[PDB]
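In what follows, a single structure is set out as structure tokens and then discussed.
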Amino acid sequence: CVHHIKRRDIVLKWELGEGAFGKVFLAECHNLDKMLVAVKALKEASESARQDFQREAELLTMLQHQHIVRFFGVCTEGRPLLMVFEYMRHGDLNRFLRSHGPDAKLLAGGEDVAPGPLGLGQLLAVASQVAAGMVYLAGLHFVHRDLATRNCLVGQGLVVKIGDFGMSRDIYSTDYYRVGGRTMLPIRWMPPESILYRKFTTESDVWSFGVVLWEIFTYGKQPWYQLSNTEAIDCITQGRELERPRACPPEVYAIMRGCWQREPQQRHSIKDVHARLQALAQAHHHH
Ligand SMILES: CN1CCN(c2ccc(C(=O)Nc3n[nH]c4ccc(Cc5cc(F)cc(F)c5)cc34)c(NC3CCOCC3)c2)CC1
């Protein structure tokens, strides 16, 4: 089951950032010799969060693929609680897309090594890699339920992995709609059946992948940024389609549309989506 780790073996360097979960730190783990790792700490860690911690750790232990952030274990001595991960140096995929879009170079400075917007090849490589993670999850009849670029990570070499299972959801982010009470839904990434009746399936994940493609080729824009969430619920539910992004080739748009068929069983399978993206990333390798 869940590998445990001794607090003494975890040395915190510095905060990488904060979230709903809590802080994430760069750290040095020992005995895995001497190693660089990401450590997510728990903000509250009282009761509900203490057993949602149980869940995530068990889940992350379960999953093992080159496109899922690797998990090493936890540390339950004292407080607050910690999860330990491999280190992805370029952070979340959403911020990475936006900062490396058509004003990466046109707005750089000192701490700016090798700017220039991301090209077609790089975008496809990001897309194919997120697909692969998802092919894997579909294979285990696993349903993510919150696939979006904010829950992917980027590591050195444009290595992109799925890194979070939306276990902690930002109460204050427009990316989420409070259905009622404490339940937050990422409605802009969800299809009609999920928005109306919370039917989550591998076919609702493929829809969300479609939307991830859209985020990728708009360089990180929020789907339906023009709309508030209630307006967006009405469009999505009425059958409205996001526009082909400026940077998006027609063939990539046709894939998005295959992920967005209205009837779930008519959506393209993630496996076929993955293959078709890989073919496209192949055919552009040398241009
Ligand atoms: C250009 N800059 C470069 C530096 N930078 C970074 C870099 C790395 C992280 C970070 O925590 N990385 C993680 N590595 N492994 C994780 C596992 C797990 C996690 C948790 C997680 C998973 C995920 F899929 C998305 C996340 F935002 C956070 C992180 C790492 C990092 N952390 C913040 C990213 C934004 O959210 C707050 C923390 C920032 C910012 C951009």
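Heads up: numbering here begins at 1 and tracks the sequence. Just so you know, these numbers use all the heavy atoms, side chains as well, and skip hydrogens, waters and symmetry mates. Counting starts at 1 for both ligands and their atoms, following the listed order.
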*asked:* Help me out - what's the drug at ligand 1 named?
replied: entrectinib
*Does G17, backbone or side chain, put an N or O under 3.5 Å from an N or O of entrectinib (ligand 1)?*
no
*For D92, is at least one N or O under 3.5 Å away from an N or O on entrectinib (ligand 1)?*
no
*Which entrectinib (ligand 1) atoms, with their elements, are less than 4.0 angstrom from a heavy-atom of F85?*
17 (C)
_Candidate with minimal heavy-atom separation from atom 4 (C) of entrectinib (ligand 1), of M83, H90, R89_ = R89
_Is the contact between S99 and entrectinib (ligand 1) made by the side chain, the backbone, both, or neither, using heavy atoms and a 4.0 Å cut-off?_
neither
*entrectinib (ligand 1) versus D164, non-hydrogen atoms closer than 4.0 Å: side chain, backbone, both, neither?*
both
*Looking at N151, which atoms of entrectinib (ligand 1) are within less than 4.0 Å of one of its heavy atoms?*
24 (F)
*State the UniProt active-site residue of chain A that lies closest to entrectinib (ligand 1), plus the least heavy-atom distance in whole Å.*
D146, 8 Å
*UniProt-listed ATP-binding residues in chain A closer than 4.0 Å to entrectinib (ligand 1) (heavy atoms)*: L16, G17, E18, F21, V24
*Pick one of side chain, backbone, both or neither for how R95 approaches entrectinib (ligand 1), counting any non-hydrogen atom pair under 4.0 Å.*
side chain
*Shortest heavy-atom approach to atom 30 (C) of entrectinib (ligand 1) - which of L16, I162, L153*: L153
*Please name the UniProt domain of chain A carrying most of the interface with entrectinib (ligand 1).*
Protein kinase
*Atoms in entrectinib (ligand 1) with a heavy atom of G163 nearer than 4.0 Å*: 22 (C), 24 (F)
*asked:* Do you know the source organism the PDB entry gives for chain A?
replied: Homo sapiens
*Can you list, by chain and number, the residues with heavy atoms within 4.0 Å of entrectinib (ligand 1)?*
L16, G17, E18, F21, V24, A38, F85, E86, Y87, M88, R89, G91, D92, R95, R150, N151, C152, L153, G163, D164
Pairs under 3.5 Å, nitrogen or oxygen of entrectinib (ligand 1) with protein nitrogen or oxygen:
residue	atom	partner	partner atom	Å
entrectinib (ligand 1)	12 (N)	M88	O	3.4
entrectinib (ligand 1)	14 (N)	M88	N	3.1
entrectinib (ligand 1)	15 (N)	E86	O	2.9

